[PDB]
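Entry with imipenem (open form): notes follow.
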Number of protein chains: 2
Amino acid sequence: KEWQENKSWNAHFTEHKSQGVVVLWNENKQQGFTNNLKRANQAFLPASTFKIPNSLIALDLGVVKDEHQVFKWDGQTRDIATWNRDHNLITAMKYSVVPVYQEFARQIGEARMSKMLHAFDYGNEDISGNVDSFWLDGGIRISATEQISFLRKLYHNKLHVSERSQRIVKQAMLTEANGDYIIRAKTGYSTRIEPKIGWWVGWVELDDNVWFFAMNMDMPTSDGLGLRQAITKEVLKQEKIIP
Amino acid sequence: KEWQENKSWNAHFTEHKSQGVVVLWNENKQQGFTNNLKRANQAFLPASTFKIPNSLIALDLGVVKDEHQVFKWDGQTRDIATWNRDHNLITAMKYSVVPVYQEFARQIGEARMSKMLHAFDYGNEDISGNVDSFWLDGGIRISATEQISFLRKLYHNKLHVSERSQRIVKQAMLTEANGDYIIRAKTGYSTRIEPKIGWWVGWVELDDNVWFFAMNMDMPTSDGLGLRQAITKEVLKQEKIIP
Ligand SMILES: *C(=O)[C@H]([C@@H](C)O)[C@H]1CC(SCCNC=N)=C(C(=O)O)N1
Ligand SMILES: *C(=O)[C@H]([C@@H](C)O)[C@H]1CC(SCCNC=N)=C(C(=O)O)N1
Ligand SMILES: [Ca+2]
Ligand SMILES: [Ca+2]
Ligand SMILES: [Ca+2]
Ligand SMILES: [Ca+2]
Ligand SMILES: [Cl-]
Ligand SMILES: [Cl-]
Ligand SMILES: [Cl-]
Ligand SMILES: [Cl-]
């Protein structure tokens, strides 16, 4: 792979008083683009973008039966109100319900979790820390370019889990669709270890091509979280990927 | 009694100077709703809504290997410009590319198409006519109520084909998604035999319920096609199913 820097994308960070990186990958052309080649390859905690590999492993191992199985609220009231109810895989992904996925990771266990992250070649393949929080405050790290590499394999059903698990997780990643494009993606927000950053990783399905993306950006307060999608979509619009 | 007539929906037809039926099914409550019980049970040619069972059968039989397989344009220039190119299952559904599906039906063949439609309990299960056009000008008939019955089976993966086939077709039915709802659906437009009608059938996925819908309306000319979705969405908004 071969990477072109487009610094003009930086205008969209500048005009929103922000700093970060957008990485794009044109699947047809096998060509990548980014505003910052160095930050594109900087590895960070994945935070809730780890729900993608966690979901795959839980499904492949049968910890999750299917996308309709109900995960009961553990009763503890937490600050994000959508978390304080029962969920299935679809809504747990949509609302990024951490406690549900911590429960998955406990059941998967360290041995199988480590084996699967090596099988996926996911980030630095390091799960040091608590098995139920290592993607929030442990040793795992992944860069935006490494998120693309992983997502490309998921798109092609080439990860070493069942085809069914990959199809279900891609259903659960559904974020936006209309007559012009489909976006499958996952947000993240890493706050437990500096630097506080926001993530958005996934892809845009067109009629005749797929554009993979991965972005992260400094997130000193939660009032900037909507800029994850906003800045990405402005880059997508600039490159004429979406209208 | 599982159906309730709500003639107030007729306002959405009349003020678009239209005649037709909208049928809704509340999956959680197992209760149905329509502006017109009699038209709701009136069977019509399925036209392009037949692409849903046709897709399922082609996938189950390996006629279609997956949603990436390319079906080459046969070089015949047809009136709908988007048909005059290569397609896969996703784009052939999106652009309702009849010639692609006519070829599927020839490969499926008469005997296998008949057995599968009986297994599906699809409409009147009658495939009299040409193997590659019976859903356009042959003997098969299906009502809006019978469309709901079939779609419910598909949603629950209870049809008599592989789980994989059903997941792929449901992916191919994706029409709209946002933070509030997901619509999986298929349009239709029956012209070859009177009465000329337009169809929209599918469902709305919410966080905690699924609403199945099937509508048809008199379609004397091609210019009222947009009201298939518009009128349905007015009924959905009235019942507060979508915001
Ligand atoms: C995943 O990264 C986080 C988890 C680490 O808490 C969840 C929570 C959020 S943002 C909710 C904060 N809003 C109000 N301050 C996300 C997210 O990625 O949006 N995932
Ligand atoms: C399926 O119902 C028809 C097929 C029988 O021709 C295709 C074509 C259309 S509408 C295109 C007409 N526009 C221009 N006048 C559809 C559809 O459902 O929208 N499917
Ligand atoms: Ca901008
Ligand atoms: Ca813990
Ligand atoms: Ca109106
Ligand atoms: Ca029957
Ligand atoms: Cl998480
Ligand atoms: Cl989907
Ligand atoms: Cl067709
Ligand atoms: Cl049933």
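Chain naming is simple here: A for the first sequence line, B for the second, and so on down. The numbering of chain A matches the PDB entry: 23-265, in order. The residues of chain B that appear here are 23-265 by the PDB entry count, in order. Order of appearance sets the numbers: ligands from 1, and atoms from 1 within every ligand. For the numbers below, each heavy atom of this structure counts, side chains included, while hydrogens, waters and symmetry mates do not.
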* Enumerate the ligands or chains belonging to imipenem (open form), duplicates included. => ligands 1 and 2
* To do: Provide the name in the PDB entry for the chain that contacts imipenem (open form, ligand 1) most.
  => Beta-lactamase
* Asked: Which chain letters belong to other chains having any non-hydrogen atom below 4.0 Å from imipenem (open form, ligand 1)?
  -> A
* To do: Give, by chain and number, all residues and nucleotides of other chains with a heavy atom within 4.0 Å of imipenem (open form, ligand 1).
  => A:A69, A:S70, A:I102, A:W105, A:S118, A:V120, A:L158, A:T209, A:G210, A:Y211, A:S244, A:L247, A:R250
* Got the closest protein heavy atom to atom 19 (O) of imipenem (open form, ligand 1), with its distance? -> A:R250 NH2, 2.9 Å
* **Atoms of imipenem (open form, ligand 1), numbered as shown, that sit under 4.0 Å from any heavy atom of A:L158** => 5 (C)
* Asked: UniProt beta-lactam-binding residues in chain A with a heavy atom under 4.0 Å from imipenem (open form, ligand 1)?
  -> A:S70, A:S118, A:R250
* Please confirm whether A:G210 comes within less than 3.5 Å of imipenem (open form, ligand 1) when only nitrogen or oxygen atoms on both sides are compared. => yes
* Asked: Any covalent bond between imipenem (open form, ligand 1) and a chain residue here, and if so, at which atom?
  -> A:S70 OG
* Looking at atom 11 (C) of imipenem (open form, ligand 1), what's its closest protein heavy atom, distance included? -> A:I102 CD1, 3.6 Å
* Asked: Among all protein non-hydrogen atoms, which one is nearest to atom 13 (N) of imipenem (open form, ligand 1), and what is the separation to 0.1 Å?
  -> A:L247 CD1, 3.8 Å
* Asked: Which residue of chain A listed as active site in UniProt is nearest to imipenem (open form, ligand 1), and what's the minimum heavy-atom distance to 1 Å?
  -> A:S70, 1 Å
* Could you say whether the N/O atoms of A:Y211 and imipenem (open form, ligand 1) ever approach to under 3.5 Å? => yes
* Taking atom 7 (C) of imipenem (open form, ligand 1) as the reference point, the nearest protein heavy atom with its distance -> A:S70 OG, 3.2 Å
* Contact atoms of imipenem (open form, ligand 1), heavy-atom distance to A:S244 under 4.0 Å -> 15 (N)
* Asked: Does A:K208 reach imipenem (open form, ligand 1) with a nitrogen or oxygen that is under 3.5 Å from one of the ligand's nitrogen or oxygen atoms?
  -> no
* Asked: Taking N or O atoms only and a 3.5 Å limit, does A:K73 qualify as a polar contact for imipenem (open form, ligand 1)?
  -> no
* Taking atom 20 (N) of imipenem (open form, ligand 1) as the reference point, the nearest protein heavy atom with its distance -> A:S118 OG, 2.9 Å
